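This entry carries zoledronic acid.
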Protein chains: 2
Amino acid sequence: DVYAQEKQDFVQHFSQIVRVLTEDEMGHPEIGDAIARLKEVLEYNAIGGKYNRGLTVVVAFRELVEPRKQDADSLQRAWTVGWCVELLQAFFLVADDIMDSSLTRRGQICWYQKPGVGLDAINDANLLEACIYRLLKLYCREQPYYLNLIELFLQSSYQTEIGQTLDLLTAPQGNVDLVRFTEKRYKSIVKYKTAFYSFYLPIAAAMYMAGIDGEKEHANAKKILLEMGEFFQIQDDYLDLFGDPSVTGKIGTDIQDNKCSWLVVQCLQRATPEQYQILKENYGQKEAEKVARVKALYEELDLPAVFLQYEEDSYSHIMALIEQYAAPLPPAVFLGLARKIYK
Amino acid sequence: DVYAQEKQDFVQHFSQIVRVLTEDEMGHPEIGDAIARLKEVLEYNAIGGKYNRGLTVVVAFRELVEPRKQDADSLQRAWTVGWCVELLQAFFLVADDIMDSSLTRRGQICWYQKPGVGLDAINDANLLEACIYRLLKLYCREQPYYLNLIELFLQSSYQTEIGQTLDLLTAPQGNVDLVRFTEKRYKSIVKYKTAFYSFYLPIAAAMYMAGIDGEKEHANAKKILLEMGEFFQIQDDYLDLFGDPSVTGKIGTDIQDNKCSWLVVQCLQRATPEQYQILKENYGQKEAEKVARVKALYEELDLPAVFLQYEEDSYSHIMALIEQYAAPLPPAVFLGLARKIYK
Ligand SMILES: O=P(O)(O)C(O)(Cn1ccnc1)P(=O)(O)O
Ligand SMILES: O=P(O)(O)C(O)(Cn1ccnc1)P(=O)(O)O
Ligand SMILES: [Mg+2]
Ligand SMILES: [Mg+2]
Ligand SMILES: [Mg+2]
Ligand SMILES: [Mg+2]
Ligand SMILES: [Mg+2]
Ligand SMILES: [Mg+2]
């Protein structure tokens, strides 16, 4: 709604982002081809998603900053930082698709799977990250929140990288170990690898831009947002298997990749002894026959129904938390985001 | 000499770097295994090189800061930022070895070639980068140069990433094109991919720590340092082929990887028509027979003698530049570094 009404405006601003990124260096004609590759990397990897994270920066900014202080420059900075969150996303996704050996993303072939690209995508990803800070310097260098934003983007990256490390350590290829797939480990993984950058980061950025830098306020917002992020990742694990790749834009790999997904953890909590052996024998392997076996067992344990139930209970819990912690911020801030990821 | 007398002190400080990096998070026991992977990544990829870049921060700091202002905290920050440059190095090298399909580094198997690691090394690299800014926040958060250092490390990364992009664009696998291997393109590649982070960055960091933030002074230092960096990369290209892997610690891949190396550019400038065809037929291929062919032609054109001559002429030019641009900085600053990479 508020996201939907802002989407088009947000996207149209992408041309300027690209222009300022592919101009401030073109005064150095020697790197021209590199700059041209950068544009290509940006168009392919920053466009095509839902932009919920970037839009959140924009929406939250408008709801937190008094309209008398929302000048043209002020708004420009807001959707610029919104695009910075979108680039952090792109950066992690490009690397993540390589490390998960994924095939498609956002309804097109993964960048690293594009003939001509391959492992060069590693450097491409690093460039996407560098661009965040180019844009911050360009548009916010003079703002009082400049250092707060820089540290917030860096901190959020470290956290999601710590989370990725957990994600990958818990999922050795060729090493089946159902034993390590617990609730505790799962909660810790998703907290770091998704919850900070996808939910805390955008709202926290808008808070700093609105002059809201108070520690307690940020902690209170974080309380709500991390819990939403946990829900979001669990929903992401569900879609990996039970979602239509025509709508998700991506092919699942979690079972093949031996991941500590929410599905397998829930499967293990409901698994009879015989079922456990079926899981242990077919999990984390590339064979389509064995993956199908795992899915069949998930469906035999009504995990699809268990997810529908979790989603409702979780949503109610998020709402409760918003009632508790939203103040003094507008509740619409969190309600708007929550509405966007519900089901 | 001054580098040598400082080496041991510098290295011994690595234990503390690791401790502070693997402690400030251990208050979060949930990420403990990730933190343990981080320690493992740090020990394997930050140790074993010459530490010329880190040592430069330390040496330059001592020569630029008045001894009355070199308190214990002040020195601690200096070798900490020195280790930050070393981590930037590690970060790029881990990714670079993957993208160049290299086998060894610093006399051991490349991290990504270690059984158990593979492409997870992409995230490991990203962690090494994140650590730079953790350490900066930890030890320099209160210093007046804090934001200058942060932007200097970010800018230097963007530049070396732009350079890597040039390095990789000019070297498509399976796509031989001697035509693109020119002097101009070479100078532009090495300027961005090596010269900034390996030579300007360390000295510039010590300058900001010594309160020397003046634009003209930094530009003047940059004039000297980029030219040294060009020399250093050219020396690196020479060693890739004509160096002993027992001393370099790495196996060459430039010819196989179809790289715009200094050797091939010099070969092309001296290549008779028939020799050109030999180059075009055997360059950028994995076959050991064809690589040997390229090397034979390099030796037929006395490129080893041409490098020895370039090194002398270049060294004299660097010295000239130091005479011109060193002031008001101690010349020992640049002489010390130059002495360290001579031959
Ligand atoms: O399931 P993953 O965590 O790999 C994923 O959600 C990406 N990701 C990576 C960190 N956080 C999220 P994706 O399903 O989009 O491949
Ligand atoms: O020759 P490269 O530039 O790949 C190298 O010098 C690494 N590097 C990467 C950027 N700058 C330098 P290395 O020979 O150590 O593999
Ligand atoms: Mg993935
Ligand atoms: Mg992943
Ligand atoms: Mg997923
Ligand atoms: Mg290399
Ligand atoms: Mg390289
Ligand atoms: Mg080399």
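Chains: lettered A, B, ... by order of sequence lines. All residue numbers given for chain A refer to the PDB entry; the residues shown span 8-350 in order. Sequence positions for chain B are given in the PDB entry numbering; the residues included correspond to 8-350, in order. Whatever order the structure lists them in is the order used to number ligands and atoms, beginning at 1. Atom set for the values below is all heavy atoms of this structure, side chains included, hydrogens, waters and symmetry mates excluded.
Location of zoledronic acid, all copies: ligands 1 and 2.
Contact analysis gives the chain with most pairs under 4.5 Å to zoledronic acid (ligand 1) as the one UniProt calls Farnesyl pyrophosphate synthase.
For zoledronic acid (ligand 1), the other chains with a heavy atom below 4.0 Å are labelled A.
Near A:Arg112, with a cut-off below 4.0 Å to any heavy atom, the atoms of zoledronic acid (ligand 1) are 13 (P), 15 (O), 16 (O). There are no UniProt isopentenyl diphosphate-binding residues of chain A with a non-hydrogen atom under 4.0 Å from zoledronic acid (ligand 1). Note: an N/O pair closer than 3.5 Å links A:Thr201 and zoledronic acid (ligand 1) by distance alone. When each atom of zoledronic acid (ligand 1) is checked for a heavy atom of A:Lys257 under 4.0 Å away, the hits are 13 (P), 14 (O), 15 (O). Residue A:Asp103 places a heavy atom less than 4.0 Å from zoledronic acid (ligand 1). Here's the thing with A:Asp247: none of its N/O atoms is less than 3.5 angstrom from an N/O atom of zoledronic acid (ligand 1). Heavy atoms of A:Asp107 found under 4.0 angstrom from zoledronic acid (ligand 1) belong exclusively to the side chain. When the UniProt dimethylallyl diphosphate-binding residues of chain A are filtered for a heavy atom under 4.0 Å from zoledronic acid (ligand 1), what remains is A:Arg112, A:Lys200, A:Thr201, A:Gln240, A:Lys257. For atom 3 (O) of zoledronic acid (ligand 1), the closest heavy atom belonging to the protein is A:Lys200 NZ, 2.8 Å. Among the ligands and ions shown, the ones besides zoledronic acid (ligand 1) lying under 4.0 Å from that drug are ligand 3 (magnesium ion), ligand 4 (magnesium ion), ligand 5 (magnesium ion). Under the 4.0 angstrom criterion for non-hydrogen atoms, A:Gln240 is in contact with zoledronic acid (ligand 1). Binding site of zoledronic acid (ligand 1), heavy atoms within 4.0 Å: A:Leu100, A:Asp103, A:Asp107, A:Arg112, A:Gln171, A:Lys200, A:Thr201, A:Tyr204, A:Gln240, A:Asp243, A:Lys257.
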